[PDB]
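When a residue number appears, it is its place in the shown sequence, counting from 1. Read the numbers this way: they start at 1 and go in the same order the structure lists the ligands and their atoms. Keep in mind that the numbers below use all heavy atoms, side chains included, and drop hydrogens, waters and symmetry copies.
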Amino acid sequence: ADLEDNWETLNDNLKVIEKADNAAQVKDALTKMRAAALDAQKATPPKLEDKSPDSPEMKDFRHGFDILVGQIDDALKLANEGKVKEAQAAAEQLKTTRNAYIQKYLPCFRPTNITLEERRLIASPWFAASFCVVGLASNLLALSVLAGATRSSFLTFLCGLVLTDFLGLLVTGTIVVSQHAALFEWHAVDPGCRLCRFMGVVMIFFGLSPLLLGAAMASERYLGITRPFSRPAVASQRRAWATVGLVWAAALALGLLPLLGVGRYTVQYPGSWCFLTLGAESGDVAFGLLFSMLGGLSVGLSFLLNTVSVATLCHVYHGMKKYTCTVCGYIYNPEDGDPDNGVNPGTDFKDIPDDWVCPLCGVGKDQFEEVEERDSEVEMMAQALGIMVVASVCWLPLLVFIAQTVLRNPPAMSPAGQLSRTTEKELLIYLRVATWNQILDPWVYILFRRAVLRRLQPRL
Ligand SMILES: O=C(O)CCn1c2c(c3ccccc31)C[C@H](NS(=O)(=O)c1ccc(F)cc1)CC2
Ligand SMILES: CC(C)CCC[C@@H](C)[C@H]1CC[C@H]2[C@@H]3CC=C4C[C@@H](O)CC[C@]4(C)[C@H]3CC[C@]12C
Ligand SMILES: [Zn+2]
């Protein structure tokens, strides 16, 4: 069987000896442990794949189980000699040796060339905690100033983004801080592989969600500015919240792919976080590219839609009084007229006769609305730009790096799962750069407001 299964069998039976009241029930738990230890001895741990069956690393691996079986047999002798508390004492020693001989070989853990000294130097739980507190305080501030500001689709997406950033920092931040406080010894926080896999799912979820929500904001702006105006309705707010839920569900489904067998979550340098494995295996390539293509496309789509929206706002919030066809969105521009249909440039919409129709869809003047300049639309366009700039600067270096690592001609990662120290050190840098998106998205909303500008112009 798999190492993880034998590991579970071992722990399940350790709690059994712990609760146990007689020698016979301690004996059965100890017998199951011996079979699980002998079973685990035959296993090939992924971090020893390139190593030959008779290599030093494999000899030390198989030897660990001789030590475990020897400790099981020492507790079995104690149980067969009727001594209950003596066999429970010798069995509790296996909780320490299971960490030495099983824990480090679990699928979470790839091989690393990090020393105990390098770990003591990087470990900074107070720096990390302070930095999370700043991020959470920023997101609580945005939510607070959003509460005092009604049924808009843009603010719905923005509220989704702030709640995602806040929660992201809280969940992943507390795992990061715990790992720094434990000097990156995962067994101290959670023995086994469960916390690591939870960390990975939640890293993808809170990595993809702000990016997808940023693209949702660019889409709302584009449809809102290009198509005729519609007063923020309860239905539009409802539709925007349903969309935030679909985005969250899509980001969650994506994070669950390694649990379904597409990709894999492993502990990453310095040992404070888990993420997709930057390997050359089919699943590592597919999941790594799926994550980077999804994030890349979100930022790219945001760029395309925002440039069209800014250009539309500029052209529309200047010049003569414009009118839009509330059927196709055609904008009657007095500067141009409609000369092929008798309207020379300069003709104000009011001077166009009753029997003129839209040159795009052919409906009458009755279907035309005045294009009204709203400061709120400018405020929202500025905020959508701020969010797009923040995701470009913070998320793109990481997204490009993931895709580049996963696609490297000679593989970036060894068969055992080892990356070079420079690859690990860069991944940490880009991951740290990406964290700032969760800290800065609330500030774009806090700072890019008319009230902030009105209280800055005289104070500058
Ligand atoms: O140990 C490290 O330095 C990397 C961990 N890193 C990280 C955080 C942090 C907070 C303070 C100091 C270092 C930190 C907190 C940070 N959470 S997050 O911004 O919500 C986020 C970022 C990237 C991501 F893919 C998914 C979620 C995860 C990475
Ligand atoms: C658990 C995760 C994956 C998804 C949960 C989010 C979805 C299903 C839920 C939770 C909160 C909900 C929204 C809360 C706020 C509003 C505003 C109101 O005017 C109409 C309902 C509406 C629009 C709700 C629609 C659906 C909603 C977005
Ligand atoms: Zn028309």
| query | What drug do the PDB records list at ligand 1? | reply | ramatroban
| Chief contact partner of ramatroban (ligand 1) - name in UniProt | Thromboxane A2 receptor
| field | Other-chain residues near ramatroban (ligand 1) (heavy atom, 4.0 Å) | value | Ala128, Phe131, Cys132, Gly168, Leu169, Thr172, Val176, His180, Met203, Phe206, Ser272, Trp395, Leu428, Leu431, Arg432, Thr435, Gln438
| task | Identify the protein heavy atom lying closest to atom 24 (C) of ramatroban (ligand 1), giving its residue, its atom name and the separation to 0.1 Å. | result | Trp395 CH2, 3.5 Å
| query | What is the closest protein heavy atom to atom 4 (C) of ramatroban (ligand 1), and at what distance does it sit? | reply | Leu428 CD1, 3.6 Å
| query | Which protein non-hydrogen atom lies closest to atom 7 (C) of ramatroban (ligand 1), naming both residue and atom, and how far is it? | reply | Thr435 OG1, 3.7 Å
| message | Just tell me the transmembrane segments of chain A with a heavy atom under 4.0 Å from ramatroban (ligand 1), numbered from the N terminus like UniProt. | response | 1, 2, 3, 6, 7
| message | Can you report which non-hydrogen protein atom sits closest to atom 26 (C) of ramatroban (ligand 1), along with the distance? | response | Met203 O, 3.2 Å
| message | Within the 4.0 Å heavy-atom shell around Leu169, which atoms of ramatroban (ligand 1) are there? | response | 19 (O), 20 (O)
| query | For atom 19 (O) of ramatroban (ligand 1), which protein heavy atom lies nearest, and how many Å away is it? | reply | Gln438 NE2, 2.9 Å
| field | Heavy atom of the protein closest to atom 28 (C) of ramatroban (ligand 1) (residue, atom name, distance) | value | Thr172 OG1, 3.8 Å
| request: Check each atom of ramatroban (ligand 1) against the heavy atoms of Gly168 and keep those under 4.0 Å away; list them by number with element. | output: 20 (O)
| task | Distance to 0.1 Å, residue and atom name: give those for the protein heavy atom nearest to atom 14 (C) of ramatroban (ligand 1). | result | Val176 CG1, 3.8 Å
| task | Write out the residue and atom name of the closest protein heavy atom to atom 1 (O) of ramatroban (ligand 1), then the distance separating them to 0.1 Å. | result | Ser272 OG, 2.7 Å
